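Featured here: a structure holding ethinylestradiol.
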Amino acid sequence: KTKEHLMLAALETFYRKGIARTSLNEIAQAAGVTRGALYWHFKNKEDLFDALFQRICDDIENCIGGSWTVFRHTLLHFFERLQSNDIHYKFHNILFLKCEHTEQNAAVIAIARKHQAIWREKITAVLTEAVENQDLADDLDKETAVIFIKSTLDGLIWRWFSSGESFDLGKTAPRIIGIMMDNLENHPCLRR
Amino acid sequence: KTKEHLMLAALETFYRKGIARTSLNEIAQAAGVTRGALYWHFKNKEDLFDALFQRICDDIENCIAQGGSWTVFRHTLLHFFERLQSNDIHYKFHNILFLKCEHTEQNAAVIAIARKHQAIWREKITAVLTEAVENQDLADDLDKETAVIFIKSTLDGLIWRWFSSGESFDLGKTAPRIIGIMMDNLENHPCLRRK
Ligand SMILES: C#C[C@]1(O)CC[C@H]2[C@@H]3CCc4cc(O)ccc4[C@H]3CC[C@@]21C
Ligand SMILES: C#C[C@]1(O)CC[C@H]2[C@@H]3CCc4cc(O)ccc4[C@H]3CC[C@@]21C
């Protein structure tokens, strides 16, 4: 509804000036409703940030040969959406570059920690399927596999945002993912 | 003397407050000097920042101890993530560099310094990579530019996740197994080769 109209304002405002440096007052202006108006939908910056983190995870879910083989396909669909989808870009930008771990952003990082943790639970289930489906190894270490993908894939993201889009993400990302997949399958520093 | 006294005052404050909401003044009422004794030593923030970033690189490059060539990069890698745990200054610094340094137009001043140090790395990596290909450790067709991205992304990604996760996992046990996977990759994997 008009909610999404109020959100794309906060998303946009988080993106021009960062989260801690943003005020509800300001967000209310971007979508041109009254500070009393948006309070009806969100009570503070954090609800809006929460609503935003949501709307990204819904896209990713709603973008899905084998099961394992499909996984990669979502992983690559994810990295392009980062580039061509206007919001996936701006959000992860704000998530990675404008969310400083201060007190003034204390409640907001809590919100984000929840979501990246549901992502981890959602990573475990995937690898769980691929072990039973014969795609992966009876022996795969899982706890260390989580760190590996998040380390590998977040780290490509941060590298790119903190380097001002200094390389050609679409060319690089499949290769890093290809090498990560080759690793989850074969390499043994990933075995229990 | 009081040159170093301010240097940690900046580090503590930057840590307990993030870079941007830290005034040159605050760093002094923490150090015990006045604004003049501050300014005498430092022109502005970005240069107290410049000065810490160097000291980390200094500590880092001043630890090269011994074998081989490529066999040493591995050593200063494992030696890097160890310091990130045991060395209060190196921990507080990348805790700032990775978390409390937001990409706004105020920090814009100091993001240049950061970029500047971060690009020296890129060439000192591309250097290590070159001396490994010569010394026949890596292959000749090693797309050395993609190696550069690969390496930092992998290792920055390790650092970032660990930091941002709230240090939820044992970097002692993870890092060697991470570096190991990355090392064997650079040596052996065919998606890091040009033609
Ligand atoms: C958030 C986050 C990340 O650490 C960076 C990109 C994220 C994956 C993108 C696509 C995807 C697909 C799935 O089937 C399951 C999870 C994910 C994301 C969560 C973890 C990733 C690597
Ligand atoms: C800072 C930083 C990083 O992005 C994470 C770890 C860093 C390496 C540490 C040791 C090292 C040794 C060298 O001979 C040359 C470069 C480096 C650093 C490069 C930057 C890294 C990957």
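A note on names: the letters A, B, ... follow the listed sequences, proteins ahead of strands, and every chain is numbered from 1. So this one's X-ray crystallography, 3.2 Å, going by the header. Order of listing sets the numbers, starting from 1, for every ligand and every atom in it. Keep in mind that the numbers below use all heavy atoms, side chains included, and drop hydrogens, waters and symmetry copies.
- Counting every copy, the structure places ethinylestradiol at ligands 1 and 2.
- Lab note: main contact partner of ethinylestradiol (ligand 2) (name per the PDB entry) = HTH-type transcriptional regulator MtrR.
- In this entry, the other chains with a heavy atom less than 4.0 Å from ethinylestradiol (ligand 2) are B.
- The organism that the PDB names for chain B is Neisseria gonorrhoeae.
- Taking every heavy atom under 4.0 Å from ethinylestradiol (ligand 2), one finds B:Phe73, B:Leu77, B:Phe80, B:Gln118, B:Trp121, B:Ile125, B:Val128, B:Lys152, B:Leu155, B:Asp156, B:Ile159.
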